[PDB]
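Entry with ajmaline: notes follow.
This chain uses plain numbering: 1 for the first residue, then up along the sequence. Whatever order the structure lists them in is the order used to number ligands and atoms, beginning at 1.
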Amino acid sequence: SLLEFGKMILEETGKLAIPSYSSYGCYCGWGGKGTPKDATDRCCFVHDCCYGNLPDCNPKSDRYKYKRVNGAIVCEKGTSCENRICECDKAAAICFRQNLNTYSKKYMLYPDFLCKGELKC
Ligand SMILES: CN1c2ccccc2[C@]23C[C@H]4[C@H]([C@@H]5C[C@H](O)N4[C@@H](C5)[C@H]12)[C@H]3O
């Protein structure tokens with residue numbers, strides 16, 4: 001759920017998912033249109049796609065458990081949905097951490113009309 005995801009992000013990047021990741025570019029946060037603006041936005045695109053592979057799960061509200069073995073994220077065993085949701089989130093958190101160097105404040109609160117294009121998962 002958003003509770004685990006938000007905490008994962010904070011731990012990984014040091015940034016508060018809200019508002020650092022919840023209104024960035026074309027895919028980070030409400031939204032799903034156009035060409036991703038940068039690496040961080042691509043992380044959110046892939047994340048969106050990952051959740052898209054789970055039509056009968058509920059990623060925003062289904063809670064999972066995860067632990068950290070030193071710095072590594074390890075998804076704990078739960079229902080099939082919880083395991084798969086956790087893997088989606090873990091990947092996004094790592095992706096965000098891998099692209100912190102290019103994270104740009106100019107993409108925060110990015111206006112909708114500038115999100116143009118088609119990009120299939
Ligand atoms: C296609 N679509 C869906 C079709 C059928 C079930 C679920 C989904 C979506 C809605 C949502 C979300 C991501 C994000 C995304 O932008 N949308 C996609 C993938 C999904 C994902 O959970």
Name, as UniProt does, the macromolecule that ajmaline contacts most in this entry. Basic phospholipase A2 VRV-PL-VIIIa
Protein contact to atom 12 (C) of ajmaline [nearest heavy atom, distance to 0.1 Å]: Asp48 O, 4.0 Å
Is atom 3 (C) of ajmaline in close reach of the protein, with a heavy atom under 4.0 Å away? no
Quick check, please: with a 4.0 Å heavy-atom cut-off, which UniProt Ca(2+)-binding residues in chain A are near ajmaline? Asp48
Which residue holds the protein heavy atom closest to atom 6 (C) of ajmaline, what is that atom called, and what is the gap in Å? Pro55 CA, 3.7 Å
Heavy atom of protein closer than 4.0 angstrom to atom 16 (O) of ajmaline: yes
Under 4.0 Å from atom 21 (C) of ajmaline, is there at least one protein heavy atom? yes
Could you list which atoms of ajmaline come closer than 4.0 Å to a heavy atom of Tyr51? 21 (C), 22 (O)
Organism for chain A, per entry: Daboia russellii pulchella
Which UniProt active-site residue of chain A lies at the shortest heavy-atom distance from ajmaline, and what is that distance to 1 Å? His47, 6 Å
Define the binding site of ajmaline at 4.0 Å using heavy atoms, by chain and number. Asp48, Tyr51, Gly52, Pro55
One pair per line, please: each N/O atom of ajmaline matched with every protein N/O atom under 3.5 Å away, atom names first, then the distance to 0.1 Å.
unit_1   : atom_1 : unit_2 : atom_2 : d
ajmaline : 16 (O) : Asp48  : OD2    : 3.2
ajmaline : 22 (O) : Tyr51  : O      : 3.3

